[PDB]
Undergrad: 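Below is a deposited model of Homeodomain-interacting protein kinase 2 with silmitasertib as ligand.
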Amino acid sequence: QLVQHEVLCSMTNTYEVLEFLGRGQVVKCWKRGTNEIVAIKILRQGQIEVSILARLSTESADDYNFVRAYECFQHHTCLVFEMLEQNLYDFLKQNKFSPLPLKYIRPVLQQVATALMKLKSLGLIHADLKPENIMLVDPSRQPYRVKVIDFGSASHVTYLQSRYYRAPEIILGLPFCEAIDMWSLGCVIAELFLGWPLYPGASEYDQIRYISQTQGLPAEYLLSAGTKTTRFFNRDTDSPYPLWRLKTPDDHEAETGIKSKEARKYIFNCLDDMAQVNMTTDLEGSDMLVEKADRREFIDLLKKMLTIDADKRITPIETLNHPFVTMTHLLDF
Ligand SMILES: O=C(O)c1ccc2c(c1)nc(Nc1cccc(Cl)c1)c1ccncc12
């Protein structure tokens, strides 16, 4: 867990520490001799990280919108990163949790989907995509330019992801791949759209309960394959063709001690019902057709990212081709 004060020595530079950033740990340091401020992270989970940072060090961090890693050096192994400004949670919070308009959501989506495409091409799973792991480079001089950070959970093709952004296959204990990151991306853009997480479950039970209430139960063939399914669902009869039912909150609390909570600011009966919420009424004529068409494309993309079966879930390349991202739906105006 190390300690603090001032200064550290690289294999190629020297870094004076100025400020603690959070708990491995991350610290803000001055690249001595330059005008650069950098973020240094001080950590087998480190071996996997450095290797993946290495396999990406050869790729274009700016082109694919993932954080630039400069050098690795032991001192405890340290990792030097470019300094970013603000993660998406602090952005929303600093904005009093008001919705983000779609026109600003679109370029964030496009940059993160691009990074996911780069990761899928290298056979890599990020496994911790979430608003804290997406940072605005400079919200004032480069508005809405973002970098994906934190490959500490990353892996090549258990208990993964941050719970609000966790895919059904991880909740249920199914086989999985890089598709889990696309589910997290859907939860991220929905949250920018709402100003609040879509599925803020306080436990894995509440998480799959929220998802099931808005999207229906996962299909029987998924439930029957999951190693964790019976923690949250009962077979009302034996297979073949069990009648799968979600445990009720009272029943689930009774056998578990976990009390269910209500953490949602919005409860949708289905994802289509999102399309209308928080729209500007003042829009006149052709501007409102634009907005209504933008929202239809956005929920259409959102539903394909939040497809419960990972085999049917849209891929990064295909979202980069979706009209919400490309804006071909707006040419009809
Ligand atoms: O892991 C990385 O790749 C990683 C890479 C870059 C940053 C980071 C983590 N964490 C930051 N802040 C932060 C905020 C809260 C908790 C923690 Cl542990 C760290 C940060 C800030 C400014 N610029 C780059 C970073």
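By convention here, the first residue in the shown sequence is residue 1. Whatever order the structure lists them in is the order used to number ligands and atoms, beginning at 1. As a basis for the values below, the full set of heavy atoms in this structure was taken, side chains included, without hydrogen atoms, waters or symmetry mates.
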Undergrad: Which residues and nucleotides contact silmitasertib (ligand 1) at a heavy-atom distance below 4.0 Å?
TA: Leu21, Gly22, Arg23, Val26, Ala39, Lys41, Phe81, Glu82, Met83, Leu84, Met135, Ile149, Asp150
Undergrad: Relative to the heavy atoms of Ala39, which atoms of silmitasertib (ligand 1) are at a distance of less than 4.0 Å?
TA: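 Listed by number with element: 23 (N), 24 (C), 25 (C).
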Undergrad: Under 4.0 Å from a heavy atom of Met83: which atoms of silmitasertib (ligand 1) are those, numbered in the order shown and with their elements?
TA: 22 (C), 23 (N)
Undergrad: Which UniProt domain of chain A holds most residues that touch silmitasertib (ligand 1)?
TA: Protein kinase
Undergrad: Kindly confirm or rule out an N or O of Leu84 lying under 3.5 angstrom from an N or O of silmitasertib (ligand 1).
TA: yes
Undergrad: Silmitasertib (ligand 1) and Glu85, any nitrogen or oxygen pair closer than 3.5 angstrom?
TA: no
Undergrad: Got a sec? Which UniProt active-site residue of chain A is nearest to silmitasertib (ligand 1), and what's the heavy-atom distance to 1 Å?
TA: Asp128, 9 Å
Undergrad: Consider every N or O of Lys41 and every N or O of silmitasertib (ligand 1), then say whether any pair is closer than 3.5 Å.
TA: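 N/O-N/O distance under 3.5 Å: yes.
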